[PDB]
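Summary heading: complex between aminocaproic acid and 6-aminohexanoate-dimer hydrolase.
Chain lettering follows the listing: the opening sequence line is A, and each later line takes the next letter. Sequence positions for chain A are given in the PDB entry numbering; the residues included correspond to 5-52, 57-392, in order. All residue numbers given for chain B refer to the PDB entry; the residues shown span 5-52, 57-392 in order. What you see below is based on every heavy atom in this structure, not just the backbone, and it leaves out hydrogens, waters and symmetry mates. Both counts, for ligands and for their atoms, begin at 1 and track the order of listing.
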Number of protein chains: 2
Amino acid sequence: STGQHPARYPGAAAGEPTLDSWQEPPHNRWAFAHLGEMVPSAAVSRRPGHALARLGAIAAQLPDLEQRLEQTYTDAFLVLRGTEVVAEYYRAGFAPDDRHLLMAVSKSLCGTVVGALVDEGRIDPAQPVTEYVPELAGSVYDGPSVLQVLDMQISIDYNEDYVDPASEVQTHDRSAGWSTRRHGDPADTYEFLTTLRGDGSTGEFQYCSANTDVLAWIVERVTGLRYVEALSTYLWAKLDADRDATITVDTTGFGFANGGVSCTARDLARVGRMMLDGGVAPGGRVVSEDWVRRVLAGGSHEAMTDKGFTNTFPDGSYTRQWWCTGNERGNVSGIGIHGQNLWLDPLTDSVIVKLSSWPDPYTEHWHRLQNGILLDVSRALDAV
Amino acid sequence: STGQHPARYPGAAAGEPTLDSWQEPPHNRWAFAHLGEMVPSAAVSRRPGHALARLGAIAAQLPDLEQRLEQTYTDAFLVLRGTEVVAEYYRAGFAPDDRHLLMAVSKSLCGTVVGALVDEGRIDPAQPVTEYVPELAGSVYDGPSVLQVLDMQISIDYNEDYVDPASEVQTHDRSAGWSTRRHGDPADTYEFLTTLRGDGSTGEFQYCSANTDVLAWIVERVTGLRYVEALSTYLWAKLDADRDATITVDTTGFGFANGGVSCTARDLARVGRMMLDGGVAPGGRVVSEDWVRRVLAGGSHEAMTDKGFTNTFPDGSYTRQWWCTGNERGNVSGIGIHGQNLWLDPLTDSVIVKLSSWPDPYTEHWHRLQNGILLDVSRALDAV
Ligand SMILES: NCCCCCC(=O)O
Ligand SMILES: NCCCCCC(=O)O
Ligand code: NA
Ligand code: NA
């Protein structure tokens, strides 16, 4: 058992509706107004081809920028200096207002929601995960603190070989609906999390997407809100965003917090703007000044043993769902596979959003090229 | 085999991507920008409870209207007189700009797209279905004309007992993704259609949702466009709609033309406005004056043997995916289970949209109440 979860709608029974019951009362009143949450759906455009390149200023300092963006399978690119959009790029076929999957940049959004609840005193990072989700007792999450989940400093037996269906990575996707279910798979994401085990050691960084879903579960238990709603209430609805964001949901309606959010590049930049504004957004304060300060400060360097990150950023670290480069510019970034970045450049009070679709989830090759672009663009914003 | 179908994206292989391949190249470039088409997803609101009742004028002639709307599980109600919204109602929890499933009102939208292609000379209703979809040879659709599909005058062995999983109604839903698949089910909607049989007789009305999906298939074969795109290009994009509409799609990306469209009440009214404007919309002509005239004129009365319809509308009929009351007002309406109506009242140059969620798909009880409301509202618009 995974305990109480926020009902899909007011008064809904646990796990209702399902793909086989949404047309039945009393579920249909809700389902008829949110069918996309139950059945894959396509947009029928209200609007009746070519790449849009408006790199403005930085174009002079980076003459071959568009080509570099093409080489890194860039779909959407936007630079926000202060409150102004100073550079934009959208591939042919991708409109400026189209939404794009954020992959793990979604994690930084989840950490932000947790941060908001910490400010309210609803979540104490020093407390064990089980203080909020007792059902995780007996799992790898029995013992570690919420902060250790936030900083991903929990050793977990997590097979990362996607080529193997038995791997935890593939199983995580199947449990959430990102891939076709197989006989024996956990019923939902909550159940999947309870099956995770580890040797009990903590303190060393281990990137694991399951950690973020545990954070979302904690958010639900402390607020009583579906993660989908909590993400809106504590973050999205305060950004004065142009469009709603979307998030994939599993069979119980639980949002895939670790990587299922989609939004426009301009709106994602509003999240960065909030971080560079001490945690304040147009609709109100999202997180405390202290939380933002802690994110920019970075996590323990000693815990960061991922050579894939430290080879590029020797003094890098990770904290509260954000990757911290530890470079001379103090760059911090939300990162997602296939080339997604919500890059913060505090020195120039700028935010760089790059949403892409590399053929591979991750290779040193793509990261070298991607980071080269983000760093060059950041430097191009320096006063001269 | 079901023949050629519009690729999900430029250059996509048949049936790609699937739930298990969307993260792989070259599918991911498209999938990352349209994930809702692959995985159930929820909206994360950009906006931070009570029913909204603005029945305006008709309120005086129909004092208990709001109560009548509540009794018929009304979610959204809107009356457009000419180009003006003269009355509106939205239940608590349903925003004026929220979208609602249209169920079979979706059929009238599909018929409109077919009508547009008839005007272009791309579709000849007198031609057999097989002239456009040869793969339907050997099925109940081998012999009948496209017009007979439009008017639903084809006898089909179609078990309507949803309580039975083997029924065609339940099988249709499973083949399209509206319900959990079962071993042996057709792979997609196209395949399901090819399994349909009948005694060969035609001429008598038989309401069958499979007919509309055949129309959508014809649309795809004649235009080379996914039905989702054709619905936008030939109709939605010409309405100057406030929001995109959405349509559920099966595993191949084929839109559920017979009942999977969702849109706002105000936008649905724009479709009615176009019909009352001789087929012209703000973005251009959608269908010919003749097509609209034929819809308002009705189908053959003798073909209409559905007592459930004729008991209320003795001179009623059906043509080109629209129900024609044949009443003294010449009312015509798009109709969907659970209380959906796109009701046309030419006498007062008005359109009435009623989107609901009755607990039951259909009962004489609900229809009596629903039609009573639509008729009373129509009469309340008459000059006095
Ligand atoms: N298991 C689906 C991928 C989740 C995103 C992970 C990442 O972007 O690092
Ligand atoms: N098989 C799903 C229902 C399709 C809608 C049918 C109707 O509204 O009449
Ligand atoms: Na905080
Ligand atoms: Na026409």
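- Taking every copy into account, the model assigns aminocaproic acid to ligands 1 and 2.
- The other chains with any non-hydrogen atom less than 4.0 Å from aminocaproic acid (ligand 1) are A.
- Looking at A/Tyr215 next to aminocaproic acid (ligand 1), an N or O pair under 3.5 Å apart turns up.
- Residue contacts with aminocaproic acid (ligand 1) for A/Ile345 involve both N, CA, C or O and side-chain atoms from C-beta outward (heavy atoms, distance under 4.0 Å).
- Applying the 4.0 Å criterion to heavy atoms of A/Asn266 picks out, from aminocaproic acid (ligand 1), the atoms 4 (C).
- This PDB entry assigns chain A to the organism Flavobacterium.
- Residue A/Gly344 has at least one heavy-atom neighbour below 4.0 Å for each of these atoms of aminocaproic acid (ligand 1): 8 (O).
- Considering only non-hydrogen protein atoms, atom 5 (C) of aminocaproic acid (ligand 1) sits nearest to A/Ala112 N, 3.7 Å.
- Polar contact with aminocaproic acid (ligand 1): present for A/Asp181 (N/O pair, distance under 3.5 Å).
- Which parts of aminocaproic acid (ligand 1) touch A/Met111 is read off a 4.0 Å heavy-atom cut-off, strictly below it: atoms 8 (O).
- Close approach of aminocaproic acid (ligand 1) to A/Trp186 (heavy-atom distance below 4.0 Å) involves ligand atoms 2 (C), 3 (C).
- At 4.0 Å, heavy atom to atom, the residues around aminocaproic acid (ligand 1) are A/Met111, A/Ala112, A/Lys115, A/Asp181, A/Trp186, A/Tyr215, A/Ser217, A/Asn266, A/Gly344, A/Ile345.
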Any protein N or O within less than 3.5 Å of an N or O in aminocaproic acid (ligand 1)? List each pair with its distance, or say none.
from, atom 1, to, atom 2, distance (Å)
aminocaproic acid (ligand 1), 1 (N), A/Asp181, OD1, 2.7
aminocaproic acid (ligand 1), 8 (O), A/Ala112, N, 2.9
aminocaproic acid (ligand 1), 8 (O), A/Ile345, N, 2.8
aminocaproic acid (ligand 1), 9 (O), A/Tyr215, OH, 2.7

